[PDB]
K.L.:
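Take this structure first; my questions come after.
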Amino acid sequence: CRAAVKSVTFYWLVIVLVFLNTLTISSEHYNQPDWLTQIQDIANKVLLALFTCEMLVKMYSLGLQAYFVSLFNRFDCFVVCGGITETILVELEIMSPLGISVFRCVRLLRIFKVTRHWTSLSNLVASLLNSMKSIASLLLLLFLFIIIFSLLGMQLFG
Amino acid sequence: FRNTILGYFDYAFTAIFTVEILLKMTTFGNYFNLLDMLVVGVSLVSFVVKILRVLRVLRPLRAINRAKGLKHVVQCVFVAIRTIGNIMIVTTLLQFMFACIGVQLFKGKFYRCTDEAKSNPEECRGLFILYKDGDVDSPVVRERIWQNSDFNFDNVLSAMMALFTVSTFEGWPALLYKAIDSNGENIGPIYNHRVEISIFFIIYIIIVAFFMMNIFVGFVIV
Amino acid sequence: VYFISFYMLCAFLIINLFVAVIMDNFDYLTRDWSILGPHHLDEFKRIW
Amino acid sequence: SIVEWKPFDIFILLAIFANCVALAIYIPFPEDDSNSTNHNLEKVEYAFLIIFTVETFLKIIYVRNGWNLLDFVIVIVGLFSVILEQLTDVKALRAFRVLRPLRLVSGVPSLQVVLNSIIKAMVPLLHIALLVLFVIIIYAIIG
Amino acid sequence: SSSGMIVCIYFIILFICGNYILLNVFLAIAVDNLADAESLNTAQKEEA
Amino acid sequence: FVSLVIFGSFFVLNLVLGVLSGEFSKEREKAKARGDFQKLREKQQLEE
Amino acid sequence: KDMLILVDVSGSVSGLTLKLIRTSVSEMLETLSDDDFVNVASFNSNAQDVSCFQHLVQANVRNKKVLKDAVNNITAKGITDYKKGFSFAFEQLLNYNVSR
Amino acid sequence: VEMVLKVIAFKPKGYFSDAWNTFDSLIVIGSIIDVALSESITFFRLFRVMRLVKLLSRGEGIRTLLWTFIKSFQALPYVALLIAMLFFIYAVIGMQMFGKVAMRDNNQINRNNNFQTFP
Amino acid sequence: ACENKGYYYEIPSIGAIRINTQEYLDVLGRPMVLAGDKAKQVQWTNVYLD
Ligand SMILES: CCCCc1oc2ccccc2c1C(=O)c1cc(I)c(OCCN(CC)CC)c(I)c1
Ligand SMILES: *[C@@H]1O[C@H](CO)[C@@H](O[C@@H]2O[C@H](CO)[C@@H](O)[C@H](O)[C@H]2NC(C)=O)[C@H](O)[C@H]1NC(C)=O
Ligand SMILES: [Ca+2]
């Protein structure tokens, strides 16, 4: 029921899928060939379908409640919903000229799915996530200093 | 004259170093000794040549084995490099993602014509009259070329190089104000078109250079 | 490659030298004069 | 003073933020030029100054705290500038209203304590600053 | 010429007093939460 | 100018960082007595 | 034609865009002949003539030189008043005292 | 006058015992030389400014800081050797590679910035 | 410009001054082309150097 999804074969399959997604995203360039664009849309559709199928398979064998407890699953849900929304908006009656580039950055964040298995660098991430109040305090003080000096410069050399 | 005089000298050391290798091997008959023979070996092939001449710079690299302190500090540097790599990987990954975002944003939008009057390559052709220092009474004929920025975001590698130059805090205002004027795929710049695109550069600088480069030094200190 | 590699290597070596110098004087940099210090010993020697 | 515990501080903080954003939306034009937005912002600054001097007068009924001294100084400077403009260099003294965002930290103990820690951290660096000054003087003399 | 050079202290203050805060806000995060991570790692290694 | 660059900033930058790094590490020993790291360890030790 | 040139000499045009206007006006006067009547006026919270003419002139070689010299002496200062600037321009086109 | 006044009451033999005392010893003769050459020349003219730092470093927080950092620098003379080796290697490589680029007055490779010589 | 039977021109730099200061004759020529045959008469200029 759940042994196959946690197998190392599944891990390597999802790793090769995310590598394919990264290669698809990082292959765009100026004056790129039209056939390269065609392969890019084909890969986008195929990988979106595969990732949706993988998510649905996981949801029917692991449990819905265990997902939202961890911050990784909710982010993946957001990414997949953004991707399907991007595809339906692109192929729907809406042109979305500027939103094409924005939505690519949404699906670019799949590398976190494979960086989450570090467990060696996660100590720093946990510490900086737990010191968020202090980080915000210093950042806000720096922003206030910048704002004050910007207004003073506006008065002086405006 | 000087090169020939130094050329005669180069023969002398190779004779001494070959003599050193044979006697050292005779009584000893690791990879440090391979480097000792590599420096002397490439010289004997001499006497494409440019590659060999460049490679002969390995002469002082074999003084590390002859000094305990130099070897110790080299090993300490290597150990410091090894422990760091977790931070390098994260920084490189984030810089690659930012390069991809910059490619999606400013792909081919950094082109401009030699004179600030033609806004597309279809009319940026031929000759044009240039006014030196803005004076109307001193005109000169110049050719107009549809040029591209030296540090652009045309492909991923170009974006990575441009973001590296930005992260070194060198020429980053020029790139910022070039991206602010970025209008379209194949059209010229517009003065202060999208000032809101500066958020990309500000966020990238804050995340990488201010934050993840100070974590680098802090973790070295720790 | 030449310029990028030189910049990276030089930056790494410069911060390595800086942190080595800093760690060589960590006793002074965390002296905490509120309890004791070598200035007391110097004053004692001067009085001697 | 009984009712001024929760709402007075919040109202003053909101007034400070509104003054900051009003200063942000001002456009300094070259050679005494202006537009309608600046004309409206002049009256907005008038109202903000009225509120600030009312608060300063009320708070007395003070000087020991540095933040209250700063508030008093900026309030009387604003009154001086307004009186001079009405009864008249003229706008050169206008740069003292940039200290309004500064007193926001007073209302923010968090920011304040952080500010106090950062300021207190500067004491060990004064010797390095003196050394830098001496090196600068010596090199300037040599030049 | 003239007294227009006195305004240069605006940039001197903005640089010295700006880099000082920049060097206390982005270094505190890299020295406090980073030293604790190594201490957390050592404590975790004790149980491991 | 080369000597001014080496002494003026490189030496001074090391001196400025050395004091702050020592001062920041001096805060680490002051905050360890209360046990702030223990709270982070206690919160972290129950996650696994 | 009966060209009447309105020049913005408000504060916001000081700098590069002031000498751009001065050159633009000078090149505009080069498209006029002795059959066309021209005058140049400037407005900054108040409208006035940049020269001594006070009305439309024949725009010959002598008169165009005066306007070119006068338009090169203008400076940018004050606020912008389009209502007071177009009223001055519209009223100068209804003079009919003089030859037009 | 003050050098001789100090020597008379301090004896020449003990003059070199103190590091700071010898600093004033070697400066004044430079001062009495340029007063003659005024009416090569700039050597002792420049070297007379050192008296400021000499007699103004007599503190207790700056002098100790400078001395301990110089001692640390002397205690680690091999990282500097590594940096010098890196500079030497990269300078030789640059001389071999970009040494033939012509120096033009309107470019980054100019008469003041070039790979033509090792310095 | 649109509401007053006119035209709008942009002069961002010196290079655009010469071309944009002569294009207003296209707008002024509209009533002449609509007149047709009656607006076709030979006009002689002033004496000028060739
Ligand atoms: C020994 C060869 C490897 C050195 C090295 O690899 C990295 C990989 C990712 C990120 C940084 C490095 C790195 C550095 O040592 C390095 C790079 C930079 I860029 C850098 O910043 C230089 C300029 N600085 C202030 C102007 C910007 C933060 C510093 I400090 C150190
Ligand atoms: C000339 O133009 C003026 C206005 O620019 C007309 O107005 C008269 O001006 C003259 C003196 O300049 C006087 O008669 C009056 O002050 C104005 N009003 C009237 C009703 O005359 C004037 O009508 C025009 N024509 C003449 C011949 O002056
Ligand atoms: Ca205006």
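In what follows, chains carry the letters A, B, and so on, assigned in the order in which the sequence lines appear, proteins first and then strands, with residues in each chain numbered from 1. Read the numbers this way: they start at 1 and go in the same order the structure lists the ligands and their atoms. Side chains are part of it too, since the values below use all heavy atoms of this structure and drop only hydrogens, waters and symmetry mates. The displayed model is a subset of the deposited entry, and contacts were enumerated within the subset.
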K.L.:
Drug at ligand 1: what is it called?
P.N.:
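That would be amiodarone.
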K.L.:
Tell me which chain touches amiodarone (ligand 1) most, using the name in UniProt.
P.N.:
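The largest share of contacts goes to Voltage-dependent L-type calcium channel subunit alpha-1D.
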K.L.:
Find the other chains whose heavy atoms come closer than 4.0 Å to amiodarone (ligand 1).
P.N.:
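Heavy atoms from other chains: B, C.
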K.L.:
Using a non-hydrogen cut-off of 4.0 Å, what is the binding site of amiodarone (ligand 1)?
P.N.:
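The binding site of amiodarone (ligand 1) (heavy atoms) is B:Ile81, B:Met88, B:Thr91, B:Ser167, B:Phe169, B:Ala209, B:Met213, B:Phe216, C:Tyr7, C:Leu9, C:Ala11, C:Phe12.
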K.L.:
List the other ligands and ions under 4.0 Å from amiodarone (ligand 1).
P.N.:
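I count none.
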